[PDB]
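The model below depicts Glucocorticoid receptor holding dexamethasone.
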Amino acid sequence: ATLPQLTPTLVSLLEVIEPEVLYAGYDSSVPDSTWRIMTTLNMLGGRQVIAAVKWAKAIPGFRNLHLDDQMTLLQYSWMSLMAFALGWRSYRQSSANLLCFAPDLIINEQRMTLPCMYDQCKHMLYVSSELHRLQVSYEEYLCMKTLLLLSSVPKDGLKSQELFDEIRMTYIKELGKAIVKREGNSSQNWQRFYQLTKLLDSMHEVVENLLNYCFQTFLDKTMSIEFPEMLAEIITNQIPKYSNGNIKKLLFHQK
Amino acid sequence: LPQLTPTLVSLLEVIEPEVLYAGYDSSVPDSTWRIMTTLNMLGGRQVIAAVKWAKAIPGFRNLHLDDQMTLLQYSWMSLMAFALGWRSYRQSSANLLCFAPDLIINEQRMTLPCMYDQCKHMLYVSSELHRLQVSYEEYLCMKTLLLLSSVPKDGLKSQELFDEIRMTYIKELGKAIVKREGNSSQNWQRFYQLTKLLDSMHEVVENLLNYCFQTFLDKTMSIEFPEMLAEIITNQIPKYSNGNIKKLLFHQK
Amino acid sequence: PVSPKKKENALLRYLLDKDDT
Amino acid sequence: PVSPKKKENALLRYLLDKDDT
Ligand SMILES: C[C@@H]1C[C@H]2[C@@H]3CCC4=CC(=O)C=C[C@]4(C)[C@@]3(F)[C@@H](O)C[C@]2(C)[C@@]1(O)C(=O)CO
Ligand SMILES: C[C@@H]1C[C@H]2[C@@H]3CCC4=CC(=O)C=C[C@]4(C)[C@@]3(F)[C@@H](O)C[C@]2(C)[C@@]1(O)C(=O)CO
């Protein structure tokens, strides 16, 4: 019968629940500085994380998991989600040339050359460049990002593990449907699935770097770089166990 | 792979001025008045950059100095509008007007008291660049052409050289088209469509100018313009509106 | 054993429980 | 003949003359 969606599609849902881009409300009328750029980005991160929660609750099945797992998943991948979304906007808005934290706030050549900016942004640019190299479609992107939310669980699973794996497998399939939809030639359907899933696995490695740099800054009043209420609680939250080896990073490929 | 020899379009690319930011404070609520004012400030700085750009264009400097001023005066709006459309089409597929990557007119700002009435035409050119999927080289040649899109009805003291240069860039636009397509039939169609876009540019400029002159001559609105724009606008105001100027076209209506 | 999580982020917990409207 | 509003683009001319560096 009539379509698009008179009988909605799972990926159709993700498309409509995707939160819209927020603007940092940065004052570029006055000179920049590492300290000011980062602070503005942290505040932006707070609001983006807040939106991520509203987004996660709209993902079918997510909020059927124990409420604690819902909290765990977000705390274990808020960086992955934000960094991945960042790379996406960078790839789409400027072919991964620049980092587009917000369409009105771009880390250009001038800002990239600031003191500690490049050592940080470096890992972010990587995900953007990767999305551009593989020409990731919007749909594949929506599925992949959802999978990032379910990319890391505790070393003892969650209180709704059975349901979790079921949701994750559901979106792994969704990713496959996006790959097939994107093309007609099934020749390299599995080859692309390997690349995309490989990229997801690499997110753990980039998150670790971004996170080490997130904690080191958070715990350094000398640096004077503010974090909003939202991020502060999550950083102080994870900071202890994001080192001792409490989290189990799920991977599509072992190697 | 070593060409080590500059082409006319290769030099046109290295002289292309880099995008500049408006240094707009968006940490406080927006308002039609403030945005138009910041964009005007940006316009002056862009036109100033457009001057150094025009001077680097092969053959431009060897035209009478008076004509150099005439061309920049007669096409500053087309050059800026075209550049704007280009960045918008590139940055967001012509959905958002990207005056400068840090100052973009989002949907929220687009609905302000008078934003759309004037932005609709800027969006027009941005839309067309997206529709036609204009390449960088084609874009470069076309923009140069807009600088030579109109002259005073009578001529320039160096009209002779002018038409020669303009011819060179029309052929430059042809070269860009041929090495982007792949075939040969759609090459002429390409040229037809691209030259048609340039022609329509005159009309989009007319609507932008009307608005520009309107807001320029009404301080109850309180919108400010910098030195470069104020100076140029005041000059053009009269001679323009009437229609005592000759707009060069590729396709006659 | 011990669930030491008791405290850490009552803000998120709060945020995840109420969206009708 | 006549053409009121003379000396209207002094700044523009200046910018077109200089240059070298
Ligand atoms: C290197 C890290 C990683 C950074 C984050 C990466 C993910 C992200 C994406 C955004 O779209 C906006 C903000 C954030 C959420 C972020 F950019 C800022 O918070 C600053 C951040 C934590 C960081 O720069 C700092 O810890 C410096 O304070
Ligand atoms: C509608 C007109 C057309 C506008 C201009 C269109 C071309 C342009 C492109 C830019 O990249 C920056 C500024 C300018 C040069 C411009 F956007 C501003 O100057 C404001 C402008 C004159 C206008 O908005 C006004 O008349 C406001 O007074």
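Note: chain IDs run A, B, ... matching the order in which the sequence lines appear. Chain A uses the PDB entry numbers throughout; the residues present, in order, are 523-777. Using the PDB entry numbers, chain B covers 525-777, in order. The numbers used for chain C are those of the PDB entry, and the residues that appear cover 734-754, in sequence. Here chain D follows the PDB entry, giving residues 734-754 in order. Order of appearance sets the numbers: ligands from 1, and atoms from 1 within every ligand. Computation of the quantities below employed the complete heavy-atom set of this structure, encompassing side-chain atoms and omitting hydrogens, waters and symmetry-equivalent molecules. Determined by X-ray crystallography, 2.5 Å, according to the entry header.
- Every copy of dexamethasone considered, the relevant parts of the structure are ligands 1 and 2.
- Other chains with any heavy atom closer than 4.0 Å to dexamethasone (ligand 1): A.
- Among all protein heavy atoms, the one lying closest to atom 14 (C) of dexamethasone (ligand 1) is A/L563 O, 4.4 Å.
- In summary, the atoms of dexamethasone (ligand 1) found under 4.0 Å from a heavy atom of A/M560, numbered by their order in the structure, are 27 (C).
- Atom 4 (C) of dexamethasone (ligand 1) has its closest protein heavy atom at A/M646 CE, 4.3 Å.
- Close approach to A/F623 involves these atoms of dexamethasone (ligand 1), each under 4.0 Å from a residue heavy atom: 10 (C), 11 (O), 12 (C), 17 (F).
- Dexamethasone (ligand 1) has no atom lying under 4.0 Å from any heavy atom of A/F737.
- Counting the atoms of dexamethasone (ligand 1) from 1 in the order shown, those under 4.0 Å from a heavy atom of A/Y735 are 1 (C), 26 (O).
- Counting per UniProt domain, chain A has the most residues touching dexamethasone (ligand 1) in NR LBD.
- Nearest-residue assignment for atom 25 (C) of dexamethasone (ligand 1) (options A/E748, A/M639, A/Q642; heavy-atom criterion): A/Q642.
- Contact annotation for A/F740 and dexamethasone (ligand 1): no heavy atom of the residue comes within less than 4.0 Å of the ligand.
- Residue contact annotation: A/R611 has a non-hydrogen atom under 4.0 Å from dexamethasone (ligand 1).
- The deposit lists the origin of chain A as Homo sapiens.
- When heavy-atom distances to dexamethasone (ligand 1) are checked against a 4.0 Å cut-off, A/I747 comes that close only through its side chain, counted from C-beta outward.
- Nearest to atom 5 (C) of dexamethasone (ligand 1) by heavy-atom distance, out of A/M604, A/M601, A/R569, is A/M601.
- Interface atoms of dexamethasone (ligand 1) facing A/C736, defined by a heavy-atom separation under 4.0 Å, are 22 (C), 26 (O).
- A/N564 OD1, 4.1 Å is the protein heavy atom nearest to atom 21 (C) of dexamethasone (ligand 1).
- The shell of residues around dexamethasone (ligand 1) (heavy atoms under 4.0 Å) is A/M560, A/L563, A/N564, A/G567, A/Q570, A/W600, A/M601, A/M604, A/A605, A/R611, A/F623, A/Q642, A/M646, A/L732, A/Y735, A/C736, A/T739, A/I747, A/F749, A/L753.
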